[PDB]
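Drug on board: tigecycline.
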Amino acid sequence: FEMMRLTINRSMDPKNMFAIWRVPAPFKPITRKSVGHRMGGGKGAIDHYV
Amino acid sequence: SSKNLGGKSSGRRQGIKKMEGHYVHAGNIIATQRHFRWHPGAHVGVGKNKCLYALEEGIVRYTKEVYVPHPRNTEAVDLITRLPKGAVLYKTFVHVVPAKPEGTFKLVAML
RNA sequence: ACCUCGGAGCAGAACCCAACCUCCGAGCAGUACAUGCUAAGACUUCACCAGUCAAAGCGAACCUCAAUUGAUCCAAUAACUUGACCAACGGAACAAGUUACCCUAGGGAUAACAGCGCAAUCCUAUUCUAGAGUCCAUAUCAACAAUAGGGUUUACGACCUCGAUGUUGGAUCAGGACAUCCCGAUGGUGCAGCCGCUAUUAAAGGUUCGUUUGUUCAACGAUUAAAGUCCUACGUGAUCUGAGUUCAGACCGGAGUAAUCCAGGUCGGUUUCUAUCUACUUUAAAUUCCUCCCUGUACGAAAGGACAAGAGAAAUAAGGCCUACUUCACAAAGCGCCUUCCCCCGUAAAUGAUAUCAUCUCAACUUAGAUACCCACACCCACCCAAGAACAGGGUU
RNA sequence: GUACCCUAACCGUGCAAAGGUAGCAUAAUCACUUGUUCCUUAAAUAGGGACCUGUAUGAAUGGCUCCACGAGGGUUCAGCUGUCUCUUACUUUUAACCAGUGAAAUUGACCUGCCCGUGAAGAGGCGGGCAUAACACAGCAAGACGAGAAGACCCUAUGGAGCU
RNA sequence: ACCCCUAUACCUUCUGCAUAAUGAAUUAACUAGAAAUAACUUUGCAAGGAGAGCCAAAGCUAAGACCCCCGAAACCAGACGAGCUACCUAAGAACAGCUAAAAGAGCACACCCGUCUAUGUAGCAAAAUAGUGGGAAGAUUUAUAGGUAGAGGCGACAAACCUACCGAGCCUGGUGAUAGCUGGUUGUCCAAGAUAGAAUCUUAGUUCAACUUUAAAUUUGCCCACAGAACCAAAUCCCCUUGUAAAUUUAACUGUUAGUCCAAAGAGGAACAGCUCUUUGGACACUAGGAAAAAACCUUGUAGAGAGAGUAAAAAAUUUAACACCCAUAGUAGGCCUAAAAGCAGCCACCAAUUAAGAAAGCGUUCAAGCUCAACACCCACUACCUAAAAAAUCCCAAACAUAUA
Ligand SMILES: C[NH+](C)c1cc(NC(=O)CNC(C)(C)C)c(O)c2c1C[C@H]1C[C@H]3[C@H]([NH+](C)C)C(O)=C(C(N)=O)C(=O)[C@@]3(O)C(O)=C1C2=O
Ligand SMILES: [Mg+2]
Ligand SMILES: [Mg+2]
Ligand SMILES: [Mg+2]
Ligand SMILES: [Mg+2]
Ligand SMILES: [Mg+2]
Ligand SMILES: [Mg+2]
Ligand SMILES: [Mg+2]
Ligand SMILES: [Mg+2]
Ligand SMILES: [Mg+2]
Ligand SMILES: [Mg+2]
Ligand SMILES: [Mg+2]
Ligand SMILES: [Mg+2]
Ligand SMILES: [Mg+2]
Ligand SMILES: [Mg+2]
Ligand SMILES: [Mg+2]
Ligand SMILES: [Mg+2]
Ligand SMILES: [Mg+2]
Ligand SMILES: [Mg+2]
Ligand SMILES: [Mg+2]
Ligand SMILES: [Mg+2]
Ligand SMILES: [Mg+2]
Ligand SMILES: [Mg+2]
Ligand SMILES: [Mg+2]
Ligand SMILES: [Mg+2]
Ligand SMILES: [Mg+2]
Ligand SMILES: [Mg+2]
Ligand SMILES: [Mg+2]
Ligand SMILES: [Mg+2]
Ligand SMILES: [Mg+2]
Ligand SMILES: [Mg+2]
Ligand SMILES: [Mg+2]
Ligand SMILES: [Mg+2]
Ligand SMILES: [Mg+2]
Ligand SMILES: [Mg+2]
Ligand SMILES: [Mg+2]
Ligand SMILES: [Mg+2]
Ligand SMILES: [Mg+2]
Ligand SMILES: [Mg+2]
Ligand SMILES: [Mg+2]
Ligand SMILES: [Mg+2]
Ligand SMILES: [Mg+2]
Ligand SMILES: [Mg+2]
Ligand SMILES: [Mg+2]
Ligand SMILES: [Mg+2]
Ligand SMILES: [Mg+2]
Ligand SMILES: [Mg+2]
């Protein structure tokens with residue numbers, strides 16, 4: 001999202017162009033377990049959003 | 001970790017025990033249900049766990065009928081009086097069409 | 001951490017359906033006092049036990065809730081009835097630690113080492129062009145992100161091995177990859193020269209000695225052209241070591257009532273094997289540094305300061321020999337002496353079409369671009385030998 | 001909380017039975033740890049001296065010095081030497097050959113090769129290729145997951161035993 | 001006879017073994033299924049039967065036919081052991097030489113022990129040899145008898161030693177201890193035969209169910225037509241025809257209940273794993289052909305002989321980047337801002353002369369200046385394929401071949 005926002009904002013003409021997202025903000029939670037942790041012991045905590 | 005406990009209960013084995021067109025005897029349970037999915041109709045009684053049993057012996061028929069609750073059922077009457085005009089509520093009902101007559105008159109004496 | 005019961009998802013629509021899967025709850029409360037008796041027919045938590053609904057009838061009247069629970073024996077009671085967080089919840093009437101002093105039966109059904117699978121982690125290359133680089137994306141570095149590869153780390157899995165696949169470093173001998181540390185060739189530069197940085201090609205040859213530490217590593221001293229990165233059962237213990245690490249003894253600090261223990265430190269501590277089979281046991285083209293001159297030349301304001309060509313001197317490696325020196329003495333050796341010869345491909349140019357210019361050309365085309373050793377062969381009884389384990393070989397005029 | 005950092009002679013508060021005293025101190029000592037400084041060496045994670053709530057030292061769980069002693073552990077001057085740079089020569093045993101006597105572990109059968117791949121995941125025996133007359137003797141230890149010992153580590157068993 | 005072609009020993013264990021997992025040198029001999037309750041079959045008699053007892057709403061009596069082997073560490077009882085060793089008792093013995101003459105003193109023999117190294121490791125030796133060491137007038141060493149014994153003794157505590165494996169001696173007996181664990185289990189031939197789950201000091205086992213087997217009795221069993229199954233996707237349930245021949249019940253039991261890949265729907269993990277967990281369906285644990293070897297992918301199943309034939313699945317294709325030429329005066333250093341910012345630092349506007357040039361699209365300048373593009377003319381004509389890598393470790397890996405009619 002930051003790559004797209006920065007590249008489009010740099011490259012556009014703010015006097016004759018306009019840009020909108022057709023994709024919502026990151027909402028689906030992606031979870032990761034601790035590093036070096038064996039298999040099992042419950043589901044890992046929420047890491048980020050996609 | 002795994003702080004989620006419980007949820008180890010088995011399936012209730014509920015549902016339809018007698019489908020459409022099945023010959024049924026008096027007292028046979030037609031359906032078992034946690035909520036009122038199928039409603040009692042003609043010659044079908046309801047037991048206090050909302051179970052459906054055949055009050056008479058015959059053929060099980062599943063129909064779709066209008067729903068008029070008892071005027072003492074407060075939640076249902078509130079839903080009805082909050083239903084817009086021109087709309088009739090529908091439910092699925094279970095009936096037993098009785099197969100035999102109640103009895104016969106036959107000769108027993110020649111007095 | 002959990003152990004029993006219920007609801008929702010996974011499991012979308014008859015039933016059922018797991019995970020140390022995702023959430024929410026339960027171990028009651030309230031009403032009634034016919035919450036009395038009895039009896040067709042059914043359902044059923046995949047067995048059983050247990051649990052659930054109920055027509056009619058007798059007698060009266062005219063239960064809500066989702067789970068809301070515990071068997072048998074036995075105990076209390078005249079009787080009816082009532083007794084466990086028996087919660088490890090199908091419940092043994094009542095029993096904890098520790099073992100490195102340990103033992104047995106097994107298990108690669110199961111961990112440690114190794115291999116294997118995977119690539120989260122780690123490493124590399126490319127794409128994109130923000131940014132840094134006085135300016136300038138692309139001399140050099142490089143964000144967000146993308147694409148691909150590698151199998152050196154830390155993991156993860158538990159697939160061979162527990163009727164043994166012996167272990168960390170070191171010695172010895174090294175085989176290989178190139179992602180090249182040096183030596184070779186080339187392109188670019190923010191390359192004047194010397195030095196550098198970056199990229200292409202190149203695995204023939206080489207890649208030091210010491211102090212501390214068991215160390216791999218790491219720090220330091222002195223060099224060198226350089227002191228490469230890895231794989232090889234973290235190469236190699238039937239070739240070696242045993243400093244470390246995880247047997248039995250002991251001490252210190254801590255834990256524990258104690259036995260005893262510590263993924264903490266310290267002192268000590270048995271490393272067996274007569275090789276059956278495979279494999280193998282003599283394959284002659286050497287590299288590098290330094291000195292001189294070129295030359296204080298090119299270059300450069302100066303300071304600094306080459307590359308080619310050539311000459312010499314070494315060192316290592318390979319092969320060999322004893323004239324002297326030395327260990328020594330009819331001889332074997334080095335600390336001594338002698339000899340050691342080919343290229344290597346990245347690219348830079350000329351002519352010239354497709355495309356009547358130009359263009360180094362996956363256009364036709366032009367240029368840079370081995371010899372040596374060995375080689376005959378029933379004299380053989382025997383003897384000698386610089387030849388040799390035996391055999392074989394050479395000499396015996 | 002209080003004297004620029006550090007640190008409190010000092011003040012306040014709470015608990016205990018008492019709140020670690022003298023002495024020593026980076027230890028034969030949990031992590032930090034190769035603590036900081038000086039000597040020793042060209043170079044020191046070694047050794048000695050010093051500082052040090054040692055945030056887990058400490059007084060018959062004996063604390064701290066000191067004289068002798070120690071096949072105890074560590075450091076070191078000088079000398080010595082094949083310990084090594086870097087190995088060589090000789091003698092004896094062993095060895096090899098001839099003669100006499102003559103075992104043991106081991107052994108499914110073997111007419112018992114190399115590379116790459118495959119496969120119960122590391123092949124002499126499978127697939128593709130390569131190599132290939134037969135047979136002794138000496139030597140080597142890379143392989144036969146070589147021999148030995150129903151793993152000395154780990155787990156399991158409603159298997160044991162010792163101790164508290 | 002070899003040379004050709006084909007062919008991955010056996011048993012056990014396991015999801016799966018050529019496996020580099022177990023056992024086996026070989027021969028001969030020896031070496032491992034014992035029985036009841038019931039049932040079934042065949043007789044005898046029959047409302048009774050059996051040579052008392054017992055059973056009997058066709059039963060009773062008799063026979064047949066069904067249930068292994070080896071192995072612990074252990075526990076207990078009674079004996080035997082202190083000729084080794086631990087300690088003690090009785091009465092004995094030995095200790096050269098030197099220092100100094102006193103010493104659990106020093107050097108050092110005999111003697112006792114065993115620090116370190118080397119050899120040896122089925123050895124000379126079930127702990128030795130060689131050198132080097134500690135002590136050697138004492139808490140010393142040693143000969144002879146005697147004593148303390150295992151629920152113990154003894155111990156300058158090493159949980160040491162007690163007749164060459166002492167965390168509790170050895171022997172005999174209970175004892176053919178026990179083993180949910182490993183190993184083994186011996187003639188021929190045929191047939192049926194593959195894994196939902198629940199409890200459990202249970203997940204290495206067992207019981208019930210499920211599946212499987214046999215013998216009987218009976219009638220429906222699978223595939224399924226329409227209609228039917230709830231509010232908050234693939235499909236399934238039910239189901240008459242139809243095609244077929246199985247199904248249910250009764251009686252008797254064993255065994256399986258430690259599971260692997262592939263396709264699909266998901267969950268966990270990294271939208272890792274030959275990873276783990278459910279479900280549906282295959283295959284494997286049974287044959288054969290193919291994908292190189294090959295478990296799980298594809299083809300195919302019911303068994304024999306044949307020197308017959310038709311077929312099934314079944315052999316990888318791809319090779320990429322040329323792009324113009326010629327020309328350019330000028331209203332103006334448009335205005336504002338700034339020291340200047342001149343087309344090009346930032347703003348407003350974007351007109352306008354030549355035939356034809358943006359109040360300028362990139363560069364480039366402190367600013368300037370400069371050079372390319374868009375523009376005239378020029379002319380054959382914009383010629384326009386719209387695409388894109390590489391690495392590892394013993395030695396590349398069939399040989400090859402573009403062209404003779406499916
Ligand atoms: C080889 N040594 C260092 C050793 C090591 C371990 N532990 C290991 O296996 C550790 N190895 C690792 C590092 C984990 C790979 C060990 O476990 C052992 C032993 C030694 C033996 C000695 C045994 C001895 N016998 C059998 C030769 C013996 O007679 C006695 C005795 N004193 O009587 C033993 O103590 C002995 O049986 C023993 O206990 C040993 C080990 O257990
Ligand atoms: Mg549930
Ligand atoms: Mg369940
Ligand atoms: Mg049931
Ligand atoms: Mg009634
Ligand atoms: Mg339980
Ligand atoms: Mg239970
Ligand atoms: Mg100990
Ligand atoms: Mg054992
Ligand atoms: Mg591993
Ligand atoms: Mg910039
Ligand atoms: Mg598994
Ligand atoms: Mg093992
Ligand atoms: Mg073996
Ligand atoms: Mg290269
Ligand atoms: Mg290794
Ligand atoms: Mg080896
Ligand atoms: Mg031991
Ligand atoms: Mg010692
Ligand atoms: Mg050895
Ligand atoms: Mg062999
Ligand atoms: Mg002493
Ligand atoms: Mg002989
Ligand atoms: Mg196989
Ligand atoms: Mg192989
Ligand atoms: Mg083999
Ligand atoms: Mg040989
Ligand atoms: Mg072995
Ligand atoms: Mg075993
Ligand atoms: Mg058990
Ligand atoms: Mg027990
Ligand atoms: Mg017992
Ligand atoms: Mg297995
Ligand atoms: Mg084995
Ligand atoms: Mg085998
Ligand atoms: Mg085994
Ligand atoms: Mg005695
Ligand atoms: Mg004395
Ligand atoms: Mg003495
Ligand atoms: Mg004693
Ligand atoms: Mg002790
Ligand atoms: Mg002890
Ligand atoms: Mg037995
Ligand atoms: Mg069959
Ligand atoms: Mg259990
Ligand atoms: Mg078991
Ligand atoms: Mg699996």
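Naming: A, B, ... by sequence-line order, numbering from 1 per chain. Only part shown; contacts counted inside that part. Whatever order the structure lists them in is the order used to number ligands and atoms, beginning at 1.
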Components assigned to tigecycline
ligand 1
Of all chains in the model, which has more heavy-atom pairs under 4.5 Å to tigecycline than the rest, named as the PDB entry has it?
16s rRNA
Using a heavy-atom cut-off of 4.0 Å, list the other chains contacting tigecycline.
C, D
Provide the residues lining tigecycline within 4.0 Å, heavy atoms only.
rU167(C), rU246(C), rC247(C), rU270(C), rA152(D)
Which of the other ligands and ions shown lie less than 4.0 Å away from tigecycline?
ligand 18 (magnesium ion)
